[PDB]
Undergrad: 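Today's structure: one with resiniferatoxin.
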Amino acid sequence: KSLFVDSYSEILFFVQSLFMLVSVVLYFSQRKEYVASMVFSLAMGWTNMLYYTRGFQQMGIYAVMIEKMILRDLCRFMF
Amino acid sequence: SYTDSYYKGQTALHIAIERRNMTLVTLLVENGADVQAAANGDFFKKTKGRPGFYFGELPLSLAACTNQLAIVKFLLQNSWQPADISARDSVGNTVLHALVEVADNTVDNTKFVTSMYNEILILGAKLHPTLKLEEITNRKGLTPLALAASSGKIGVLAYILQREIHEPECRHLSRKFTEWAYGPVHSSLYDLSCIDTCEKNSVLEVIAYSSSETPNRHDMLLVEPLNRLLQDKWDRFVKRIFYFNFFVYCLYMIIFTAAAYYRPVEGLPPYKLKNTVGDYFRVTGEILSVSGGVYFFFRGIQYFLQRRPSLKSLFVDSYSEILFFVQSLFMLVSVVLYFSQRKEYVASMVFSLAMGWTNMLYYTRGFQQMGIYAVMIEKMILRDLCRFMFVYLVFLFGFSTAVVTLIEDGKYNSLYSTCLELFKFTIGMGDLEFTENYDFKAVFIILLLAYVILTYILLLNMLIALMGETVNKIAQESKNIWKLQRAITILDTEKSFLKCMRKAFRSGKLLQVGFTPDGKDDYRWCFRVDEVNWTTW
Amino acid sequence: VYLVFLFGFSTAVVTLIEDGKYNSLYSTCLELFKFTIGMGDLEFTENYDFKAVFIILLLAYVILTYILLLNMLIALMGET
Amino acid sequence: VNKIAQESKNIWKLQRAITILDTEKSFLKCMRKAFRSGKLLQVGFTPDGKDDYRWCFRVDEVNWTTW
Amino acid sequence: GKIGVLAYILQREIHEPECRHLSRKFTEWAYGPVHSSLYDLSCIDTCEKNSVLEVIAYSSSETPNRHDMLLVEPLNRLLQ
Ligand SMILES: C=C(C)[C@]12C[C@@H](C)[C@@]34O[C@](Cc5ccccc5)(O[C@@H]1[C@@H]3C=C(COC(=O)Cc1ccc(O)c(OC)c1)C[C@]1(O)C(=O)C(C)=C[C@@H]41)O2
Ligand SMILES: CCCCCCCCCCCCC(=O)O[C@@H](COC(=O)CCC)COP(=O)(O)O[C@H]1[C@H](O)[C@@H](O)[C@@H](O)[C@@H](O)[C@@H]1O
Ligand code: NA
């Protein structure tokens, strides 16, 4: 429960790495579906750039608000 | 005294004053202590990167800066060795400069700083009636008033500009006078010496041309006589000239627009002038447009030289000067390319044209509602749009790279086409099925839906929310910045003035007291303000 | 403010365009106004040279009007 | 956002602290300069005659009341 | 997450003989309005196991005031 309610940046970085590794396995398994994994890594990788907006008060507060919105309001609205 | 460089000059009198021990100070003065001994070690200097405490280096300034009125009086009027009230430290600062220096605009600090300043002026008048302390300048050429204005010490400035002294033989030290008072109504007079105009450091010039790092530069113009004075200068003199400038700029842009719109379409400039009316008008418009470009170019150079911004103040402040200069740069580059027989001059010209119209917003100052609105636009661009565009571009590029990787041997299959096609979602034109040149349709549609939700649904509404948070907070800041913008406009108009007009000097030369310390009578260019109050009859 | 931006960028774009269907202040003004109502084409013509300049002008216009000014309007109406 | 502005400021300070600690724990170079603030003698009088060196961190303050 | 007790301890100063050594905030030198304090930092910056910074930053996210505890003066200045 602590694994998800907080420390969500580390989870996102880990999920990126999982997508990369599944892409590697599918690449050597002679399956074209590795591309499907790779792009999800790639997109996710670029999005994780926002992690480095910590250490800047303005940008960091902006990214913190994105996290809070995704957790509360986007989920309620999407339901 | 100490001889090491760090505590150099500190002597027992400094320690005695520092300890607040009246008895030891009296004893040391009795025994021949030097009341002019300057503590000029490194510790007693400003030196922001090191510990220390600047107080003007002198025992009198040390007492004044530490809220010890009794020691100040004793040092000034003791029998054994009176202190020189007009003394100056290594920086040239007198005691009053020191009192300005220690100010920090907190209530408790400002209270004693203003009171001690007042007391020193009273004593200076009583001991030296012919001496004018407030006209002494330090090594920077700044009087205590000019120093207070330049350093942003709004509390001290607000004290000084409306200082009123109700006692004999110190009336002439006042700067706020009451001329007549009938019922609840009375007409006061503000001095305005060295506010409106003076040798170098006019208070208005010092505030307006501040280096953007001064703490209260936006707030200082709220001090009463300054706000009223700028409104008076505006209404009487500058409103008309500013409107004329705006009209001329509008004519300039209309001529530029017409000259550009009817450019000839054949290749390889320059184009032969045809002997017809339309072409004489076109080439006339071109010449005027290039002329205006040259004018703004040289105005930009003049601004740069007259201010000499230090490559950070060059960009963090004075955006309008940069924008007008860049417009002129595009115009000149366009001229060069035109006569270099390159069609790329069109590429330059249109950029100038676009900037030329957007710089029209410069003239929204001079209208309170539009001026404040334009300031809010500026702050939105600098804060919210910049943050949003960073985050948005990160998202856009990330998902464009993913989608273009997924696409293979398609029409799009390129960063430009896919980036453009995903950007179309932001402007409400996203196709959502723009290609089928892939395998794994589920992956493609998932990527697009994730992109749409993250950018279109979450980020844009978040931008709206944050802009709402911002406007709630920048109302007063926007009004203050607009007032400062108009103040700069007023000063620049009056420094140009183009006619050697003396009416720009406002307020009229009235006699305040007519009795200085000597028999002469004092005329002091006062500014009249009527007030009404229904208490304190 | 919106009309100032609209006219400025309309004049820039129509100056860039040459011998096209649009090539006129009215048509280009209308075509840029379509961005405001969420119908902006963003590739409505190719009768020019310097495609980079054309797209840069449109992106600048969109960013300044659509993203900044309309959302700023919503914020200001909310304050009012 | 009007309700989480302040909480956001605090969270920003928090994860900057987390970054600092992770950097110091990784450090990849056997750098000992990360132990800052310098070993100063605080009191010089422990319960016995010894003096205490306590790695103190200096903070300057200015106050215009309570002379 | 007992921020009140932490705020007391980290800047504890006891003014009497034979209890000075218990303080964690010491005043080295003083002038007029200026004076320089010294904070102890034992078991804040580093120690055997439970540095205060490690305990706060790696809190379990159920600690009530974890966001606020870093506002206590010596901690915030140390982190900067
Ligand atoms: C919360 C979980 C871990 C999450 C992980 C993935 C699948 C993710 O989809 C979500 C579910 C989702 C899907 C579609 C729209 C919204 C949300 O949201 C995030 C997660 C949603 C994100 C949000 O991006 C961010 O939060 C940037 C960021 C902000 C703060 C941070 O501290 C941070 O640390 C890296 C990263 C981006 C994706 O990882 C991404 O780029 C892709 C392709 C899908 C997004 O699952
Ligand atoms: C291709 C097309 C691109 C056009 C891009 C630009 C669009 C905006 C154009 C709007 C024109 C408005 C203008 O002409 O300039 C605006 C600034 O707008 C911007 O933000 C430009 C961002 C770059 C006001 O400039 P100002 O000189 O008043 O600056 C203030 C100081 O004077 C004052 O003393 C204070 O220190 C205050 O803090 C300062 O801010
Ligand atoms: Na649409």
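Every chain is numbered from 1, with letters handed out A, B, ... down the list of sequences. As the structure lists them, so they are numbered: ligands from 1, and atoms in each ligand from 1. Computation of the quantities below employed the complete heavy-atom set of this structure, encompassing side-chain atoms and omitting hydrogens, waters and symmetry-equivalent molecules. Only part shown; contacts counted inside that part.
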Undergrad: What is the full set of ligands or chains that belong to resiniferatoxin?
TA: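 In this structure, ligand 1.
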Undergrad: Taking 4.0 Å as the heavy-atom contact limit, which other chains touch resiniferatoxin (ligand 1)?
TA: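 Non-hydrogen contacts: A, B.
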Undergrad: I'd love to know which residues UniProt tags as binding resiniferatoxin in chain A are close to resiniferatoxin (ligand 1), meaning a heavy atom under 4.0 Å.
TA: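 Going by UniProt and heavy atoms, it's A/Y8, A/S9, A/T47, A/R54.
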Undergrad: What organism does the deposit give as the source of chain A?
TA: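 The entry records the organism as Rattus norvegicus.
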Undergrad: Give, by chain and number, all residues and nucleotides of other chains with a heavy atom within 4.0 Å of resiniferatoxin (ligand 1).
TA: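 Counting heavy atoms, the site comprises A/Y8, A/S9, A/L12, A/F13, A/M44, A/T47, A/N48, A/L50, A/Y51, A/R54, B/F399, B/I453.
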